[PDB]
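One structure is given below, encoded as structure tokens.
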Amino acid sequence: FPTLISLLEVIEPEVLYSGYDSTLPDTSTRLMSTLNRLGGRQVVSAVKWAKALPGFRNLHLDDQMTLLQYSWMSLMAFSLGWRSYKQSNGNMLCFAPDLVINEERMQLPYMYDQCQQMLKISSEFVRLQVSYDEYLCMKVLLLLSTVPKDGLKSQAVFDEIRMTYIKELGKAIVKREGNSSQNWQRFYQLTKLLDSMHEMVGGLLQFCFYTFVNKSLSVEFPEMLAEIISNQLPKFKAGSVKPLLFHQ
Amino acid sequence: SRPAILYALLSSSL
Ligand SMILES: C[C@@H]1C[C@H]2[C@@H]3CCC4=CC(=O)C=C[C@]4(C)[C@@]3(F)[C@@H](O)C[C@]2(C)[C@@]1(O)C(=O)CO
Ligand SMILES: C[As](C)(=O)[O-]
């Protein structure tokens, strides 16, 4: 019988390559389009990941659709943060091994602001010195951290899943340190981080909606993301979305 | 309406 943490490790998606062509010069439109094309594939990876996530398949199909639509950007941004922390200690954005945006590349028109946002996530990992197991658990929590304002078709199951993974984050913290009462200080810090993710991601979500809607910027989106964004867009304009916070 | 590919992936239904 395998532990839940070890399953989380085995099912974690492998880092994708972008297949960016470093031959041609960089432009804002091209870069953003490349990132979106990469995001499409990363999201498909995340869906396959969710389907293998212990617990997740028990939710109603419509709750599955809902949680993935509401949280895809969180998942992607969080992973980006992790990779950036791991490969460059938060100095560069490591989108893919073949696509790293450093200080210089950020100077492109439009890029600087959006990149500053994504780096915030990265430096959080740096500040708190997050561990792999902590990261894996927090990531699951993000999937389960945004619900519709009037709840889910199977709130029963949802609440149980959410509780299992909170417990799991617990074990992960303990495994780093032992059974001190600094353990609950850490739990606070990490739950504070999960909370601050709604604001940080909200920023990204805004840029995303903007570049999606405003055709004149000529940013392309793959069908996967386009379908999701266009469905998710009215729901966010109508503020019918509720974050689950750990704190006040 | 409802996002097609995401739906296809989650139901898996022929
Ligand atoms: C600032 C926003 C937030 C960006 C996303 C941040 C999270 C992410 C992680 C990746 O590893 C690759 C793609 C995505 C999923 C993303 F990088 C791109 O899709 C482009 C994106 C939406 C954005 O850059 C744009 O709206 C530009 O189109
Ligand atoms: C099957 As995979 C490692 O693209 O999630």
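Chain identifiers are assigned alphabetically from A in the order in which the sequence lines are presented. Chain A residue numbers are taken from the PDB entry; in order, the displayed residues are 529-776. The numbers used for chain B are those of the PDB entry, and the residues that appear cover 16-29, in sequence. Reckoned from all heavy atoms, side chains included, excluding hydrogens, waters and symmetry mates. Counting starts at 1 for both ligands and their atoms, in listed order.
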* Which compound out of dexamethasone, lamivudine triphosphate, repotrectinib, azelastine appears at ligand 1? -> dexamethasone
* Counting heavy-atom pairs under 4.5 Å, which macromolecule has the most such pairs with dexamethasone, as named in the PDB entry? -> Ancestral Glucocorticoid Receptor2 ligand binding domain
* Name every other chain with any non-hydrogen atom less than 4.0 Å from dexamethasone. => A
* Asked: Taking heavy atoms under 4.0 Å, what residues and nucleotides bind dexamethasone?
  -> A/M560, A/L563, A/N564, A/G567, A/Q570, A/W600, A/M601, A/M604, A/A605, A/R611, A/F623, A/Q642, A/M646, A/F735, A/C736, A/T739, A/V747
